[PDB]
Amino acid sequence: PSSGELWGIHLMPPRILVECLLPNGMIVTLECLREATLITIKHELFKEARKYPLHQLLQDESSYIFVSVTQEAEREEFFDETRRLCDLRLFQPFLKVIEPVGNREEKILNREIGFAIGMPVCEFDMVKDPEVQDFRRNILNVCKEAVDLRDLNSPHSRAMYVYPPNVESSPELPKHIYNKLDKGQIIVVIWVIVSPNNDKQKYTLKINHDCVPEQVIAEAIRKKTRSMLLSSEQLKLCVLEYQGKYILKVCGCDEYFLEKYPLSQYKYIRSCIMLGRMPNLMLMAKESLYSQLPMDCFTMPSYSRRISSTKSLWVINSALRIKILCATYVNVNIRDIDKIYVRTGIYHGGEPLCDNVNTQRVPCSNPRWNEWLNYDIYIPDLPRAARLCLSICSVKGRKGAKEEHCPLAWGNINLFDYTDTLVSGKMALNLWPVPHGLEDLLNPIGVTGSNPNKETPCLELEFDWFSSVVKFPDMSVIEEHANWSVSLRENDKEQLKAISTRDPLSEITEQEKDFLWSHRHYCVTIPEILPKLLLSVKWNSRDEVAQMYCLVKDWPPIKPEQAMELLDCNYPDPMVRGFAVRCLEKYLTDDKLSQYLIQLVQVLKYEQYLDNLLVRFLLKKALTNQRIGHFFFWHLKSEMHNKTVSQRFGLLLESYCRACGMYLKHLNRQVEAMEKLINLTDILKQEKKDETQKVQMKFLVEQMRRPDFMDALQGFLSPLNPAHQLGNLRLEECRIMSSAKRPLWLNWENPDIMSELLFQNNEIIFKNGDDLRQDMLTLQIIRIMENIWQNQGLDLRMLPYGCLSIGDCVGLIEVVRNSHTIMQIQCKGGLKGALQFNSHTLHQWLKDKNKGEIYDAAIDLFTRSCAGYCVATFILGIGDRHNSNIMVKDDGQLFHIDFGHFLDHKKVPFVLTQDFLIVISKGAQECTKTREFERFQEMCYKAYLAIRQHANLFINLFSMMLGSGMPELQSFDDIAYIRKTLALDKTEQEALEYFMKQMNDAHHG
Amino acid sequence: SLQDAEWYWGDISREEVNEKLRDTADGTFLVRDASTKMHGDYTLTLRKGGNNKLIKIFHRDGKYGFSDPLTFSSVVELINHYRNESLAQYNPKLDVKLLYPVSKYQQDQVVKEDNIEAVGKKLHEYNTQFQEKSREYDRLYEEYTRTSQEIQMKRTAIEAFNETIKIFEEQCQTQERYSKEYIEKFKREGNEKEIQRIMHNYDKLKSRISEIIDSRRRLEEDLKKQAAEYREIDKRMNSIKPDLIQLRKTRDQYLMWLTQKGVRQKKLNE
Ligand SMILES: N#Cc1c(-c2cc(NC(=O)c3cc(F)cc(C(F)(F)F)c3)c3c(c2)C(=O)N[C@H]3c2cc(F)ccc2Cl)ccc2ncnn12
């Protein structure tokens, strides 16, 4: 959005000459400082203007403002005159003086939104499309609903928005967590700061794990008033005083206990029990917490308020036909390609409603057809979510070899628009590039819409016109048509239930799907069967669709892990997707919403229109819970570059930033912080790439010493976790790394009053050049698998470290402290065989770091985490990793890293190297025959079938990512590998023996 | 026999048959042993309506068929029956004959003396010719994406020049507006000194407007030339795609003569 303070210039010199244009036609060259604020500019300009002709015409300085052109090509009115000259992102150093017009505050706010979302808001105002303008206005009520809802019981409701409780989805902790409680109790330490020098004192408590925070405050004041000789009622008065006057905060980060969940349900304490660590809480004054919550308003924008006979589809008695006119800007070699043609198809999701039809073949030099393509479908039989998918294809011919067809550009069209009207008249859409690796002649999963890029192939069509506007029938007549068309058993019941078990991608033969459609009324007894039944509906028959609409209207709610499937690309019907959303907004916890946010943002792409039930649900939740609103913003912001969604996500971000409150100020600090980092890496990667790594080290330390840089990189919230404050930089520890892209190892101090009780310095890796969303999805999937195992009782410790993509191949990665690669650890040892590292070197290093009684714990943690990653990598095809791809903490926890690096190397067994068996067996001979290894592979077996028991969830999570643009996820065929490792088309014992044989072949026993 | 039938392929995956009925005509059919990997249980898939519709071939008492009433003796009898007349007998919802069979060892386009070098040599040749043309395609797509974002960087920069020029042209049109009748008033007072101050500043204005107008065309000139070579990179990729697919299938089927040995010795050597 801005590579520097001037076009083609990273930083302005300390002094530059600014061309100032006056309201009289006089041009004044003003020398001014790089950092000069516009208040200083305007004052010194009108001070200098007296030296130039026609001064009498100038009104008073205060009656004018500056306007200029930004590097985003925006004529920006600089209302906020406090900004530094060099922060304006000017295209050229000039300023035009004008009288201010319009709402000052709205203009200042739009500039701040534009910086946040990466594009000027004014670009939305120029959009002809009425769907865009209707969207901007019609979701402002979702913003009002959310703002009014969180300003209801101020300041508490406002605190619950900014600092929402970070709690598990269930208070019912499993027994392997409970068994670490001292006879059902937990020990906690409460801290308090005293003013004279911010000295601090602690109070240790033992309490029931399920005490609410106010009860914890009761036990604390009860323990301190021990000897005060208070009566039972005087004790109540001060308990009441403190319960209502103070709250509890986690020492070292911005997490609070503002709601009365049981203490053990807060994730910070659920893990202190799991990890057996000491929960440290700080008693804090509520009036001090509310002090750092400045009131924030939400004002309706200008566009929110003002603006300057049909027949039903089911009366049209004719089959569908569409005219392909001609094409433009087709890039094809006229002597290597024989002919070109337009391929088309009518799609409902991914299933063709009818057979495809193509225009006649045509010479490359004259892309013109003027053909009416006739489709085998009755117009009344069109479903609402019907889409036209087309492409321009080329052919190369040969007799000794088959004729080859290839797509050149694709485009998809909604046959009904967002107002329920069937399209008519001639239309012209610019087509999209065929994504790398796709060879199918059409792309039905791609977005619907014309490519805004210029000089791109433009195809022109014409749709029939039926003498008047045609609209999809209202739901009123749809149900009556079902009453028109519609005019127990045992052995069938076991088969129906036998079909609910099968995964979303299992083969469903014709006899099975029409068998579901036959017993479609009995299916409500097993609501799990709905996705199978919907794929059984013949969507090109208005008789069946209407009958199916009545069933989904009364379908018993399914739980979110199942409803999410109905948001993927195979369920585009708006009634099905509306049912799925209603399942989420009444059964999906903010915990599991935040867990699946990645997939939920991606299915927005499959949505046929801008305004839909899903986006209003996500937007609603993002504005009432600032934790998920933080990542809601970054996941949208990270894909702004992609022109296939830049508008959809851009309009969605505008509404969020316009109603997220004071958190926009914080986000802009994050955005500006990343903008500075990405500009320094680009300079290191584009200019001084040839320089030495020590020359580059200079540019860095020097460019990091700049005051403007440090002020922008010191004192902001971590995008990986806004609860972590990033204070001053420890430049001593900052460095470029050895990778060719040279990522930045960054380290901040933790400014928390009691930072010493969590982590005193926080360090993150910033990488520019690698696509990180493969690591995000893999790490997310690892976190899902760990959550599944823990709740089943398997204490397999995974390490889904923080990873966030913030843009096109740029993002952040959480550093794991006190950890090394297995390769690094082998190098700490010696050579045993002939030029061969010692296999026991790993076991020995782990003993040195865990002397004494803590040795057994480290071996247990290594065997449990090793079992977890062995199963995880096998299932997901991560498999053969290098010793530099695998890491281990001094604690003994093992974890893999850099998964995109691995998938990228390709574009299987699992690792069970001897060095790991030495540790697992505690340094024994024939380690494959001890009883430690006996129970190690027993953990792996239980972990494998545990993930198989939740295979539907993972297949649905991957299916929701097909429209993401990740080359690993371009078709359901890609997802079929997880059906192979999980052996879903076999029985349990067959999958278990498949996993056992796999593990046995790993150690070749 | 069934094992030798044209349209029986055996242990073939669903994703592999989807890759064989792609954009084919209604009636193209093919049978596998069911993905369940259970003996004597099969699945037939035929193209109809642009879809690959699967049906299960039940088996009981040695008979065959794909409905509860079971009749036929062998699958070859079950299939050929529906090759002569339509399968609308089973379900009127689809009424195509099993028209086009796709066989396993047709399209075996290796014609010369089947010396083992037809694998050890010509396979390594095509596979080397396949990975080279793949290297070039990835090289093109890289500089294609680079050129793509460099172009839109320049389109927005000329659009910025358009706004700056729009703002300097309106400046000239306001200089002439508010200076005319002061030039006209100075003219009759005999104050050429003040007129040249105004003109010296007007010249300064339209002197700079010439520089930014030149900087624009110098950019529109770079844009015009980079937009052209961007279209050339596109047509080159479109010429490499069909060839790349042609010799990738040739490299794949030249494993037929590796399957002649079955055990992958003659590629394990490579
Ligand atoms: N590589 C590799 C590889 C494979 C291999 C690996 C993979 N895995 C991923 O793609 C992958 C896994 C993640 F967890 C996250 C991501 C991310 F982030 F992109 F979203 C992507 C798949 C296939 C084959 C295949 O057919 N479908 C792929 C697949 C498998 C699954 F279980 C789940 C999903 C998918 Cl999509 C097999 C053998 C072998 N021998 C040497 N390498 N290697």
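The chains referred to below are lettered A, B, ... by the order of the sequence lines, with proteins before strands, and numbering in each begins at 1. Going by what the header records, the deposited coordinates were determined by X-ray crystallography, 2.7 Å. All ligand and atom numbering here is 1-based and tracks the order in the structure. Hydrogens, waters and symmetry mates are skipped; everything else that's a heavy atom, side chains included, is used.
Matching the molecule at ligand 1 against AZ5104, TMC310911, RLY-2608 gives RLY-2608.
Contact analysis gives the chain with most pairs under 4.5 Å to RLY-2608 as the one UniProt calls Phosphatidylinositol 4,5-bisphosphate 3-kinase catalytic subunit alpha isoform.
By chain letter, those with a heavy atom nearer than 4.0 Å to RLY-2608 are A.
At 4.0 Å, heavy atom to atom, the residues around RLY-2608 are A:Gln774, A:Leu777, A:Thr778, A:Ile875, A:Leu876, A:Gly877, A:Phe902, A:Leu903, A:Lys906, A:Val908, A:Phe958, A:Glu968, A:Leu969, A:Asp974, A:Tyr977, A:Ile978. The bulk of residues of chain A touching RLY-2608 reside in UniProt domain PI3K/PI4K catalytic.
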